[PDB]
Asks: 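Consider the structure of UDP-glycosyltransferase 74F2 with salicylic acid bound.
For chain A, we keep the numbers from the PDB entry: what you see runs 5-446, in order. When a ligand or atom number is given, it counts from 1 through the structure's own listing order. Heavy-atom basis, side chains included; hydrogens, waters and symmetry copies ignored. Technique stated in the header: X-ray crystallography, 2.0 Å.
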Amino acid sequence: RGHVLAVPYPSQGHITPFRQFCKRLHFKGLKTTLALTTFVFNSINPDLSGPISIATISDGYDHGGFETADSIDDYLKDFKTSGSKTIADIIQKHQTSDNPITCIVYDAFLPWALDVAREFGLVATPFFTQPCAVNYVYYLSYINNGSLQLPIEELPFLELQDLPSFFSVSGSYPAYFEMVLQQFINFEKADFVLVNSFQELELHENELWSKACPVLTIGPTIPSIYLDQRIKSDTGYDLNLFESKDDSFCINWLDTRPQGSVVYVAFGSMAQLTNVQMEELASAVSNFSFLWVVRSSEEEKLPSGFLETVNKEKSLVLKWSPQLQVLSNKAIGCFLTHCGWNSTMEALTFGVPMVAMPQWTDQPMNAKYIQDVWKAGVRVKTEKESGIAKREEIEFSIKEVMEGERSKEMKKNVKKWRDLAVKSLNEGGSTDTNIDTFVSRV
Ligand SMILES: O=c1ccn([C@@H]2O[C@H](COP(=O)(O)OP(=O)(O)O)[C@@H](O)[C@H]2O)c(=O)[nH]1
Ligand SMILES: *[C@@H]1O[C@H](CO)[C@@H](O)[C@H](O[C@@H]2O[C@H](CO)[C@@H](O)[C@H](O)[C@H]2O)[C@H]1O
Ligand SMILES: *[C@@H]1O[C@H](CO)[C@@H](O)[C@H](O)[C@H]1O
Ligand SMILES: O=C(O)c1ccccc1O
């Protein structure tokens, strides 16, 4: 008779793994309530794929969300204040109910949630939505104090341009940098540490980070239908902040294309590219058959007249994609990606080789593992005066994944991950066992 209150950070790349993890807990017999901010809750269009219980909380920006904050530091500060009160509201209200909350799974970005869980005598477990290698680097910085020493002794192959953007773009995003460092301020006092990865994907880094902490890999959070198929209702991502266009057009359009012919291009839910970068992309893209996601707020930055000179026989532009169905479609030749962790793990488990074009935060690390560890893609060369990828380098990287000699080797190397993820989610696998360890304790 346990009840987990799950609290993601209010963004798509964090709500999705949290929701998928709750579906796994429901399948194991554990009730969950998902705590969403009021702005996010009123932004979702509910087409559910499974049972869901949602409580709303506040970050202090119910009306406008993050865009109405004065600054990133004010947003996180108000969210700790408002979010701590409204999380406590849910726990207190449920204390006289059939199933009082017994545990808080909270986003590692929000370590103040452990203070609330302690105040009510609850089990507390941070949930890291980024891979073990990224988190371990941040842990090493924190136990120093905000500084990392290259080379990292137990990971000597990493260079400065492989690190999270906060290290290589000096002074960038100081409040977000303090946030990722402060994920470890009280993890000492946490019962477990949960991570959206699976052990066979980063054995070395999972082993290293586990010496410091009790870490439980519980991923990948990809819907059950694509992998182990143990959860029959888990057919897709069902908490979308972005309207889905009514997905059939894009997937009908992909079915007409020859196998491996389409270059899929997407940058996640919040990355913003410059006009100069959009033009180098739009030029490089146009030498190929492509499916490119440009979010509605980014359409301004494409060259004027572009969305009409597209060749509609071979190519298509969307505001948002059904990315899971896109990546499982065999018209896809390769994935030009910003290397957000969900998109990386989705590309890996589906066997789609990548052109890595990291933009910031943990993306450079994922780009490095994509190219040099998993050997499932190549990283675009960026010119150093700008940080920008020129169209000729973007085109070279696409062709290297689409057709070169290492292209054939990268396709077989990435096809191994599906069965390893499936094995991990099935009975007796590392993730399935780690979920049972967590459920037993709760
Ligand atoms: O057009 C799109 C682009 C992204 N995604 C989903 O949005 C999530 C993006 O998370 P990620 O960690 O890759 O990037 P972030 O948005 O956090 O930068 C992923 O689950 C993708 O499958 C989608 O459904 N349609
Ligand atoms: C972190 O700061 C960045 C700006 O540097 C914000 O864009 C980001 O806000 C996210 O933006 C998404 C839309 O692009 C929303 O889906 C998400 O809820 C919101 O958190 C900040 O988190
Ligand atoms: C932070 O800056 C990056 C570029 O470095 C951009 O991709 C994001 O949109 C912004 O939040
Ligand atoms: O939403 C994310 O994926 C994210 C990742 C790193 C830093 C800040 C963020 O909002």
Asks: List all ligands or chains that belong to salicylic acid.
Replies: ligand 4
Asks: Among protein heavy atoms, which lies nearest atom 2 (C) of salicylic acid, and at what distance?
Replies: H18 NE2, 3.4 Å
Asks: Is it the side chain, the backbone, both or neither of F113 that has a heavy atom closer than 4.0 Å to salicylic acid?
Replies: side chain
Asks: Pull out every atom of salicylic acid sitting under 4.0 Å from any heavy atom of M183, numbered as shown with elements.
Replies: 7 (C), 8 (C)
Asks: So which heavy atom in the protein is nearest atom 7 (C) of salicylic acid, and how far is it from that ligand atom?
Replies: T365 OG1, 3.6 Å
Asks: Which residue owns the protein heavy atom closest to atom 10 (O) of salicylic acid, what's the atom, and how far is it?
Replies: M274 CE, 3.4 Å
Asks: Does salicylic acid reach any of the residues UniProt lists as binding UDP-alpha-D-glucose in chain A within 4.0 Å (heavy atoms), and which are they?
Replies: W364, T365
Asks: Non-hydrogen atoms of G17 versus salicylic acid: any pair closer than 4.0 Å?
Replies: no
Asks: Identify the protein heavy atom lying closest to atom 1 (O) of salicylic acid, giving its residue, its atom name and the separation to 0.1 Å.
Replies: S15 OG, 3.1 Å
Asks: Could you find the nearest protein heavy atom to atom 5 (C) of salicylic acid and give me its residue, atom name and distance?
Replies: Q134 NE2, 3.2 Å
Asks: Which residues of the other chains approach salicylic acid to under 4.0 Å (heavy-atom distance)?
Replies: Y13, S15, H18, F113, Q134, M183, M274, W364, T365
